[PDB]
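In this PDB entry you will find lonafarnib.
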Amino acid sequence: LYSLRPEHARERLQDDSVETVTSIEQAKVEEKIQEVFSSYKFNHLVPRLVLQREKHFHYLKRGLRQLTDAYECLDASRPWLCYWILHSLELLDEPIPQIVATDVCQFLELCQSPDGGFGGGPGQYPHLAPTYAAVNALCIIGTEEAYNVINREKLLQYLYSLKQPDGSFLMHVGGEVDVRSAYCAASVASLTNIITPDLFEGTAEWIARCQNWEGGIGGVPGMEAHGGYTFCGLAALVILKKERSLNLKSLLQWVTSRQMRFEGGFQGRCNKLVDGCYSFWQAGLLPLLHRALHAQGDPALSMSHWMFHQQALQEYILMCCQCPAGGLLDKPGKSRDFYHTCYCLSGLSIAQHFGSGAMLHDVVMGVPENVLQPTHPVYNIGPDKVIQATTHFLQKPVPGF
Amino acid sequence: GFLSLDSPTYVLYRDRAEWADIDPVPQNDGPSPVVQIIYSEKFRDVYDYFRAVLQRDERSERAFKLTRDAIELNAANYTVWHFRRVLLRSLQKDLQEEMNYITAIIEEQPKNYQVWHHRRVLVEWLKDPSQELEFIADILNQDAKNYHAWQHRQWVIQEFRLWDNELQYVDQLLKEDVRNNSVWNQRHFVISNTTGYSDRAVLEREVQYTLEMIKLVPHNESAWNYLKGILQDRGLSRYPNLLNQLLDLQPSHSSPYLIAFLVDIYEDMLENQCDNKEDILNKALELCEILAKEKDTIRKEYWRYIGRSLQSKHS
Ligand SMILES: NC(=O)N1CCC(CC(=O)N2CCC([C@H]3c4ncc(Br)cc4CCc4cc(Cl)cc(Br)c43)CC2)CC1
Ligand SMILES: CC(C)=CCC/C(C)=C/CC/C(C)=C/COP(=O)(O)OP(=O)(O)O
Ligand SMILES: [Zn+2]
């Protein structure tokens, strides 16, 4: 275990004897993480890195049916709860009874707007975040019933209603614009095969403007580089086949710099704290960058590993991000939620599975029962679900109007 | 008559006489609900009533006051926010009193997309940015890195052209925490949108300033990323004195950031046909292994990639 090595103690923060809110909060975190790493030593047992599948499963299968009122704050993100859960069950290799699947379908049908796209719950105006989640969930289910839920003609119509002259998209009518909308739109449009010749005109150029001096991408041009926005920007470009619109090298340096030398997990932006959900948003960028550089015929790329420490990330997730009661989390001391369960699991899968053309190479830390189902780095649903969905929607012609 | 959602004498809408005429519309979750939230009595009450007035598009003062309660129960409900803006224009509400409202709610929950977007809509309508820099500064005093706060700030400044005192505010926050990457980002936003970095005096002032910060806190990555960011533009090799000046901190201020910056300067020297191609390359490759095996092992895969890549390129 890389984290438990003696020389690893050398990776602790060095504040130069100049304390600020930043160095103080980081130190608090490193302190709490160290107690976790050393827990084995102090209790004299052999470290057994085990992914509590059964614990995660009861939590998941239960949240899929009902939730306490603590979730009232996510009452406008219900299609997200469906995606987060079904996708977590999918990574864990747990099946969706055909009865559960049809129920989820019927629910998303209620969330779908007569104007296209899905709202955060039955009767809510459509928004791109829950539209992306609703579409991804239906693709994980992959039945003809699920696929048929989506009104492709109203969907394309909705996307056009959000499209802006500068290339960006609003998140919803009368709403805000940021890189998330570009990804949400490129994701649902590509999966459903509704991309017209001009739908994304100028979009690649607008996303390119979000890349700043740090190498990463901000929510809108001018903003600080962040992992959630950077994944959205790059993943959208990959879908549009415009990855080259970005300085891929400065981005590679930025994302690789986001992995915490000590904790092993990824921070969202420079000088902030590590967080389990970034095991996906940030680490998810490495597979995307591998593909892009490889497309450019990069000869120096690895043939077995992603350009981040797959071992350290898996150790941070397995040792620090699991709630004993089931569910995963941001960091030790945080409460579990379905969002972090989904992304901690998504990031673990990315960390375990390498692949570039004919090469395949796994790295499963802890017990081998830890290995999860692979996840497509662009859509974050099973690669099989992507192929199955796109192949299906390709039988339909692009809506003409 | 704003009966607070938190007031000890708050009564459910179904127990309110001035609402006894309207029937609450319950949520249609389907016969076999999924990810079904067990709402509290209050939440359920307010929303069943919100659905009712929305479904009938009742643009009343009573509907307006109710959206405030529905917003307070779930500030992320964008449908409610939309209808609230609908009623703000219908009832012709005093938008300044609404600015007072949004100021409070943002203070309560500053990490919410809806509240900041709403504030921006109000500022646009009133074409009045006069309270902005000060309001935002109060939020940044509570969380100096709030993403929405910095985003709103960039919007007000660019939209209304309020550039004049921002670099000073940046210097202020940098004194408070020289590691606040949001402030380093703001520094670049201001400079690139005012003077720019082609003005040699500015560039000099910026590189000198940054180097002083590096000297003070050598392990502060933000100052390093900013240094790289403002020179990387024209090409690090374009600055012959820099390598030397950094090589000097090799014993005193030598974090793995100094090491990584040297490899960056070398990478650009090679691509830019430098003297001693064989030599320079060996130094760069040497540093990549020191980094991969010793100084920055978390990024070993990256540094090996850099090593291999440099070889293929400049053998
Ligand atoms: N401890 C508790 O009581 N609970 C546990 C936590 C839970 C909220 C949650 O899971 N949350 C809180 C809300 C988060 C939400 C979001 N919301 C507002 C802002 Br500003 C930023 C982000 C960023 C995270 C992100 C990412 C995606 Cl893809 C999708 C969503 Br919808 C989000 C999701 C996780 C409620 C219940
Ligand atoms: C498709 C889709 C909807 C993707 C979502 C991407 C994502 C997670 C974006 C982050 C948004 C944000 C404002 C983060 C800063 O919060 P923070 O200051 O609380 O956390 P931080 O300190 O780690 O940056
Ligand atoms: Zn998180």
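Lettering of chains proceeds alphabetically from A, tracking the sequence lines in order. Residues 23-423, in that order, are what chain A shows, numbered as in the PDB entry. Residue numbering for chain B follows the PDB entry; the residues present correspond to positions 54-368, in that order. Counting starts at 1 for both ligands and their atoms, in listed order. Method on record in the header is X-ray crystallography, 2.3 Å. No hydrogens, no waters, no symmetry mates; every other heavy atom, side chains included, goes into these values.
Counting every copy, the structure places lonafarnib at ligand 1. Counting heavy-atom pairs under 4.5 Å, the chain with the most contacts to lonafarnib is listed in UniProt as Protein farnesyltransferase subunit beta. Going by heavy atoms, the other chains that come closer than 4.0 Å to lonafarnib are A, B. Protein heavy atoms are absent from the 4.0 Å sphere centred on atom 14 (C) of lonafarnib. The entry gives the source of chain A as Rattus norvegicus. For the ligand labelled lonafarnib, residue B/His201 lies inside the 4.0 Å heavy-atom shell. If you look at A/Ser99 next to lonafarnib, the close heavy atoms, those under 4.0 Å, all belong to the side chain. Distance check for atom 6 (C) of lonafarnib: a protein heavy atom is found below 4.0 Å.
A/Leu96 CD1, 4.2 Å is the protein heavy atom nearest to atom 11 (N) of lonafarnib. Counting protein heavy atoms only, atom 1 (N) of lonafarnib is closest to A/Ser357 CB, 3.8 Å. Atom 26 (C) of lonafarnib is flagged as protein-proximal [any protein heavy atom, distance under 4.0 Å].
Per UniProt, the (2E,6E)-farnesyl diphosphate-binding residues of chain A include some within 4.0 Å of lonafarnib by heavy atom, namely A/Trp303. Within the 4.0 Å heavy-atom criterion, the part of A/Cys95 lying near lonafarnib is the side chain and not the backbone.
Atom 24 (C) of lonafarnib has as its closest protein heavy atom A/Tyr361 CZ, 3.7 Å.
In this PDB deposit, the label for chain B reads Protein farnesyltransferase alpha subunit. Which of A/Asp359, A/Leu103, A/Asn402 comes nearest to atom 10 (O) of lonafarnib through a heavy atom is settled by distance: it is A/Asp359.
In summary, the atoms of lonafarnib found under 4.0 Å from a heavy atom of B/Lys164, numbered by their order in the structure, are 20 (Br). Under a 4.0 angstrom heavy-atom cut-off, A/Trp106 registers as being in contact with lonafarnib. Of the protein's non-hydrogen atoms, the one nearest atom 21 (C) of lonafarnib is B/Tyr166 CE1, 4.1 Å. In terms of protein heavy-atom proximity, atom 2 (C) of lonafarnib is closest to A/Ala92 CB, 4.5 Å.
In this structure, B/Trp169 does not count as a contact residue of lonafarnib, since none of its heavy atoms falls inside 4.0 Å of the ligand. By the definition of a contact as any protein heavy atom under 4.0 Å away, atom 36 (C) of lonafarnib is in contact. When non-hydrogen atoms are compared, lonafarnib lies under 4.0 Å from neither the backbone nor the side chain of A/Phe302.
Residues in other chains coming within 4.0 Å of lonafarnib by heavy atoms are A/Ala92, A/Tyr93, A/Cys95, A/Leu96, A/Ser99, A/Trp102, A/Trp106, A/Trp303, A/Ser357, A/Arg358, A/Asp359, A/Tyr361, A/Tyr365, B/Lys164, B/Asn165, B/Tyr166, B/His201.
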